[PDB]
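Looking at a structure with avibactam (bound form) today.
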Amino acid sequence: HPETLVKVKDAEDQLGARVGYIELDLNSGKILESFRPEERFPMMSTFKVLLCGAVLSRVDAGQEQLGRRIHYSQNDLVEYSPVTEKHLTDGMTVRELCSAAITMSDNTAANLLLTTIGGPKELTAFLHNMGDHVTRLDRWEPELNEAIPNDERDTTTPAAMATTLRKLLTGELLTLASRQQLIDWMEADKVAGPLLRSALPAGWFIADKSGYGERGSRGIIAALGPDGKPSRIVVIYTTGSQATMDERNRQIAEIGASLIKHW
Ligand SMILES: *C(=O)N1C[C@H](NOS(=O)(=O)O)CC[C@H]1C(N)=O
């Protein structure tokens, strides 16, 4: 709808920064709306979804098992480690760590998961082999959140992420059991309250992953639809604004309110 685009433009005016936007039909993969679709934005914590997609790919092939227990130490703990800092004694399974990475955005969990697959480059190789020659992860947490302007490291485009997400959630890449583990983790997101979730009517489905970085970076990827069943993918990124966090949260909410009302 023109008026959802108008809200994206107004959000650009009021934040004083670039905003990338993609609305994708889950069934056919056709783009319903777009704004700056081929411009790069920092992925920030939204990459954790693509990371757990790579891990589930290894689980399918038998190179990884969801129950394998990983033991680490305080050393591996990096800033924002809400769950991993509580399991220094018993360790955590791959399944629990991916749950921590997506539902709580645990940073140490992400670094541990990156180690099991062979580092950021090997995640990029994973995305490359499924048809994403645009998205790239280059650094570990928390360095990947610097969001230096014009730096292409740890970036995606609204169109590339939205298509890759669609393949991960509904494509032929993962098995049915693996596809549902990723969507279940995303549905259990507990850190994207004031974003798209704030504008959701009762009975709607949402499975999302949010993120923020430096230089006013904020973003969300989401699978949502009415009556508890997803039907579209929404990708929203922004960077460059000197806005406070609560301000950036407000615009993504108004973008959410618009596309829900003109669903
Ligand atoms: C993801 O971008 N991050 C991890 C954590 N918050 O995730 S959230 O903003 O989606 O809820 C801390 C902030 C950020 C980071 N600096 O890693």
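Just so it is clear, chain A uses the PDB entry numbers, and the residues here are 26-288, in order. Whatever order the structure lists them in is the order used to number ligands and atoms, beginning at 1. Method reported for this entry: X-ray crystallography, 2.5 Å.
Structurally, the greatest contact with avibactam (bound form, ligand 1) is made by what the PDB entry calls Beta-lactamase TEM. Listed by atom number, the atoms of avibactam (bound form, ligand 1) under 4.0 Å from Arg243 heavy atoms are 9 (O). Counted by heavy atoms under 4.0 Å from avibactam (bound form, ligand 1), the UniProt substrate-binding residues of chain A that qualify: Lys234, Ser235, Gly236. Residue, atom and distance of the protein heavy atom nearest to atom 14 (C) of avibactam (bound form, ligand 1) are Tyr237 O, 3.1 Å.
Within the 4.0 Å heavy-atom criterion, the part of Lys73 lying near avibactam (bound form, ligand 1) is the side chain and not the backbone. Atoms of avibactam (bound form, ligand 1) found under 4.0 Å from any heavy atom of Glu166 (numbered from 1 in listed order, with element): 17 (O).
For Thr71, no heavy-atom contact with avibactam (bound form, ligand 1) is shorter than 4.0 Å.
For avibactam (bound form, ligand 1) and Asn132, the ligand atoms under 4.0 Å from any heavy atom of the residue are 4 (C), 17 (O). Heavy-atom distances to 1 Å put the closest UniProt active-site residue of chain A relative to avibactam (bound form, ligand 1) at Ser70, 1 Å. The nearest protein atom to atom 5 (C) of avibactam (bound form, ligand 1), hydrogens excluded, is given as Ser130 OG, 3.7 Å; this is a heavy-atom distance. Avibactam (bound form, ligand 1) places these atoms under 4.0 Å from at least one heavy atom of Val216: 11 (O). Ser70 OG, 2.7 Å is the protein heavy atom nearest to atom 4 (C) of avibactam (bound form, ligand 1). Remark: avibactam (bound form, ligand 1) and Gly236 share an N or O pair separated by less than 3.5 Å (distance only, no angle test).
The proximity of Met270 to avibactam (bound form, ligand 1), defined as any non-hydrogen pair under 4.0 Å, does not occur for either the backbone or the side chain.
As stated in the entry, the source of chain A is Escherichia coli.
Covalent bond for avibactam (bound form, ligand 1) in this entry: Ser70 OG. Protein heavy atom nearest atom 17 (O) of avibactam (bound form, ligand 1), with residue, atom name and distance: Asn170 OD1, 3.3 Å. Of the protein's non-hydrogen atoms, the one nearest atom 8 (S) of avibactam (bound form, ligand 1) is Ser235 OG, 3.4 Å. In this structure, residues within 4.0 Å of avibactam (bound form, ligand 1) (heavy atoms) are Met69, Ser70, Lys73, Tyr105, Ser130, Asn132, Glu166, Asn170, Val216, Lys234, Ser235, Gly236, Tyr237, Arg243.
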